[PDB]
Protein chains: 2
Amino acid sequence: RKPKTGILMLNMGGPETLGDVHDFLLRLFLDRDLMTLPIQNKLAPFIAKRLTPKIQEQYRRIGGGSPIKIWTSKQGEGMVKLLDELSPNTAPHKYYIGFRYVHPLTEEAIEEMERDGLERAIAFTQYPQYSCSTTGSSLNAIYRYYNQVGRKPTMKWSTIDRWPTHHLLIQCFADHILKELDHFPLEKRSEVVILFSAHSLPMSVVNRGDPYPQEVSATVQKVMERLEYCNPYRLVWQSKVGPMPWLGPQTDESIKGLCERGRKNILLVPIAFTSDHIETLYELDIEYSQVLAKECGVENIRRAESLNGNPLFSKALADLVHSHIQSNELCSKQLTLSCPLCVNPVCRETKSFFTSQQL
Amino acid sequence: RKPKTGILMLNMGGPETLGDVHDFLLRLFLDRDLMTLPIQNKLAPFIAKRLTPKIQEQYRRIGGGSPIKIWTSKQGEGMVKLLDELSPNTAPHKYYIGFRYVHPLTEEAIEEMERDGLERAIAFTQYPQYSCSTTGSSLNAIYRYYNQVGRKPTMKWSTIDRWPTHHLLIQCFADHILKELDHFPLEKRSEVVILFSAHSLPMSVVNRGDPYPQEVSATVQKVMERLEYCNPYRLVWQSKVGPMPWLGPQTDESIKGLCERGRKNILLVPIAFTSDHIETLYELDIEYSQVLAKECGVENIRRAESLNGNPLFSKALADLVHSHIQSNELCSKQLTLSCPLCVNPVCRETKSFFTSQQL
Ligand SMILES: C[C@H](CCC(=O)O)[C@H]1CC[C@H]2[C@@H]3[C@H](O)C[C@@H]4C[C@H](O)CC[C@]4(C)[C@H]3C[C@H](O)[C@]12C
Ligand SMILES: C[C@H](CCC(=O)O)[C@H]1CC[C@H]2[C@@H]3[C@H](O)C[C@@H]4C[C@H](O)CC[C@]4(C)[C@H]3C[C@H](O)[C@]12C
Ligand SMILES: C[C@H](CCC(=O)O)[C@H]1CC[C@H]2[C@@H]3[C@H](O)C[C@@H]4C[C@H](O)CC[C@]4(C)[C@H]3C[C@H](O)[C@]12C
Ligand SMILES: C[C@H](CCC(=O)O)[C@H]1CC[C@H]2[C@@H]3[C@H](O)C[C@@H]4C[C@H](O)CC[C@]4(C)[C@H]3C[C@H](O)[C@]12C
Ligand SMILES: C[C@H](CCC(=O)O)[C@H]1CC[C@H]2[C@@H]3[C@H](O)C[C@@H]4C[C@H](O)CC[C@]4(C)[C@H]3C[C@H](O)[C@]12C
Ligand SMILES: C[C@H](CCC(=O)O)[C@H]1CC[C@H]2[C@@H]3[C@H](O)C[C@@H]4C[C@H](O)CC[C@]4(C)[C@H]3C[C@H](O)[C@]12C
Ligand SMILES: C[C@H](CCC(=O)O)[C@H]1CC[C@H]2[C@@H]3[C@H](O)C[C@@H]4C[C@H](O)CC[C@]4(C)[C@H]3C[C@H](O)[C@]12C
Ligand SMILES: C[C@H](CCC(=O)O)[C@H]1CC[C@H]2[C@@H]3[C@H](O)C[C@@H]4C[C@H](O)CC[C@]4(C)[C@H]3C[C@H](O)[C@]12C
Ligand SMILES: O=C(O)c1ccccc1O
Ligand code: FES
Ligand code: FES
């Protein structure tokens, strides 16, 4: 049977092999939704070239590439299997991967959805908490694709643009946390401090009104409420680079600070993504857990397993799509409000692209 | 009958009259938990004298003083009336006001609780979301009182140190929001943007691990869930002073930014306060809503009424205390963890003061 409903799973992506690092960086430095640079068309290739060896080495240290596409594919397959059974009125469903900066690109996926002759298309961000830099850029890329090719869409579009507190997402995190807690020595379990760690943002982005940290905070509170506040926690922020001010405290400084203050049993939780990648496999596991924490005299540090192939997570995704379809929503109410200090004219046009869709 | 259980309601306080401004400022600038100054014992009275006229002027513009004591008293009376019926085994209950920087001072309230020969004493912060600079300083003040007086307490202490998502608090906020939405022109209701506004913090405090912004965000998400995301929103931050970096976006810049971008119907919600203060009556209502908003060409701007005398809020307070009593809790799990980058030796001692209390 011909596919009727397409689910476009949006994520930034990561280089599958060390060879893919350069083009990954190049596409990213060319993204003007993500960042504006002087003489950008010339600086982008240069910075990409400059950072490539260092970034290649990081991927080498985790096994030679990003597992994002594998996890995204498995999650997508599980989601589709479920949707075909619980939403027959919209079946057959098909998932499409649209990575922002690596193949398959958002544009390539849209091309394939069109050729497949879908009746309905759903832009399903794989970031549960909205940031204009991630989800925003991915949604902008969809509007721009149609603008650039000078044609209207042939499919009815809509977006699931955020889902920071979906009860099944919450259950998966809480589940993974309890599992990791079971892996601490029993005598230390109650003493464990939970560090929720989300990718930081530079303060220039926070200060223009980015909804990300408030939504991340909502996810954290929902998870802790489900865990009945069994352990104390803090939300901290990782991956800052460069000399500018970013939102803190930093995950690395917090780990060190905790240890210096006698809290030497720490559970790291990657609360802002749904599968592994460099930020967990290299930064958290190698840099912070193996190296930093050893230097600080930690007793036990562990990290909750990423959601990855958890079947309940596939159920979360299917439920999200199912409710979205049944409610006839075009986008969240939140998408109808741009940042109070937004300075990117495409944000408004992208917002309108979704809110104005024919039903 | 002699009071059995005392509920110490902790808040910063504000000057009751213009004459109270100087000593208010003086006590504040002397609080080393709040801030460290060079030659502090000399600079504190000077800065107090220096700011006094300007601050007096602000209070004059709202009617000549802070209403915090009036509202705290009414809330406390309502709370106690309920508590005597909810929990007769701990009755008679009595409330005490412990303001940090004005009479009646935290220390004066403790002296009175001690004289009243209470069996049970509860440090009940009136800030729903914990900040080390507010609730932290108030709890520190209690520990310091006993330490400075050289005597152990004759009462069994515990604390309700935060309550950012208490279901009745959330209902009060949602109710006041709906009531305010009803006051906009019907044709503009759906177009209204909600700006949740909380007091900002300097980034130096955020970056040391202050739990405040994450808890404020939790309160915001709970309120919006209850409202069924009826309007789009942003959490923004007010009251920054001085040249240093603070958490943004600023409420004032956000109001102007919304107006320049065509969102001219705005509902302000003071989400981190439970009664009126200079921050609502002067900063939001006069500076932003009367002056700034008119300059920006706003169509409609309103502020949700503070919780103040809502009898449902009194019910929230009673329910909190009642649940605290029933659970035999000494403090939240969160209090057992100080900031990862805390540099105040007293924080740990105060934490221990509460966690170690005889039951
Ligand atoms: C903070 C920023 C997004 C915020 C923004 O729009 O300004 C994020 C999103 C993708 C990130 C980049 C990508 O993860 C790729 C690179 C990863 C390296 O480990 C650091 C630099 C690196 C180039 C990252 C810098 C920065 O953290 C980026 C750009
Ligand atoms: C000033 C500009 C950022 C301005 C903006 O974002 O619009 C920054 C961002 C990236 C910077 C460049 C990149 O870091 C790459 C180069 C790094 C070298 O150390 C300096 C030149 C170099 C070419 C930088 C020049 C300048 O500091 C840049 C271009
Ligand atoms: C570290 C990296 C490359 C620097 C180099 O080694 O030459 C530089 C190049 C572009 C920079 C980014 C861009 O200038 C865009 C962002 C600008 C914000 O002010 C800080 C974060 C921000 C995301 C920058 C972080 C970091 O300094 C980047 C990613
Ligand atoms: C009781 C002891 C010394 C107090 C004293 O000298 O009077 C104090 C000093 C440091 C404290 C420890 C550190 O603060 C680190 C931990 C903090 C946790 O909240 C309790 C256990 C924890 C391990 C603390 C237990 C206990 O209160 C300690 C060990
Ligand atoms: C350096 C210090 C802040 C650092 C700290 O918190 O210790 C700041 C905070 C308050 C400042 C003081 C107050 O603003 C009052 C005075 C203001 C005058 O403009 C300068 C001297 C003056 C006396 C200031 C000196 C200095 O800039 C102070 C003392
Ligand atoms: C942000 C800060 C607490 C955080 C901290 O400094 O660590 C808050 C708590 C009480 C605030 C102060 C009090 O509200 C009293 C003053 C009110 C005036 O409108 C501004 C200065 C003023 C002196 C405030 C400055 C600042 O916002 C303070 C000091
Ligand atoms: C504005 C006020 C008085 C300035 C003056 O009249 O001289 C000054 C004096 C002390 C200052 C505060 C203290 O220095 C403590 C805090 C220091 C942080 O770096 C900024 C906020 C911080 C809370 C300061 C805000 C503001 O600049 C204050 C409150
Ligand atoms: C349709 C019109 C411009 C048409 C265009 O040139 O393509 C756009 C431009 C500015 C838009 C308005 C502004 O963006 C402000 C409002 C934004 C809200 O999300 C919708 C209503 C709202 C009032 C918008 C309605 C409509 O989409 C407007 C009026
Ligand atoms: O946690 C933060 O530091 C923060 C900052 C802005 C908005 C919401 C937040 O939780
Ligand atoms: S930057 Fe947030 S909507 Fe444009
Ligand atoms: S500053 Fe937060 S516990 Fe000390």
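As listed: the chains are lettered in turn, A, B, ..., one for each sequence line. Note that chain A carries the PDB entry numbering, so the residues on display, from first to last, are 65-423. The numbering of chain B matches the PDB entry: 65-423, in order. Atoms considered below: every heavy atom in the structure, side chains included; atoms not considered: hydrogens, waters and symmetry mates. Whatever order the structure lists them in is the order used to number ligands and atoms, beginning at 1.
Among all chains, the one with more heavy-atom contacts to ligand 9 than any other is, according to UniProt, Ferrochelatase, mitochondrial. The name given to the drug at ligand 9 is salicylic acid. The other chains with any non-hydrogen atom less than 4.0 Å from salicylic acid (ligand 9) are A, B.
By chain and number, the binding site of salicylic acid (ligand 9) (heavy atoms under 4.0 Å) reads A/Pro277, A/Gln278, A/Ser281, A/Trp301, A/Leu311, B/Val270, B/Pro277, B/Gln278, B/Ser281, B/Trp301, B/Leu311.
Among the UniProt-annotated [2Fe-2S] cluster-binding residues of chain A, none has a heavy atom closer than 4.0 Å to salicylic acid (ligand 9). Numbered from 1 in the order shown, with element, the atoms of salicylic acid (ligand 9) that lie under 4.0 Å from a heavy atom of A/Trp301 read 1 (O), 2 (C).
Residue and atom in covalent linkage with salicylic acid (ligand 9): none.
Proximity to B/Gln278 (heavy-atom distance under 4.0 Å) selects the following atoms of salicylic acid (ligand 9): 1 (O), 10 (O). Here the protein heavy atom with the shortest distance to atom 4 (C) of salicylic acid (ligand 9) is B/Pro277 CB, 3.7 Å. Of the protein's heavy atoms, A/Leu311 CD1, 3.3 Å lies nearest to atom 3 (O) of salicylic acid (ligand 9). With respect to atom 10 (O) of salicylic acid (ligand 9), the closest heavy atom belonging to the protein is A/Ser281 OG, 2.7 Å.
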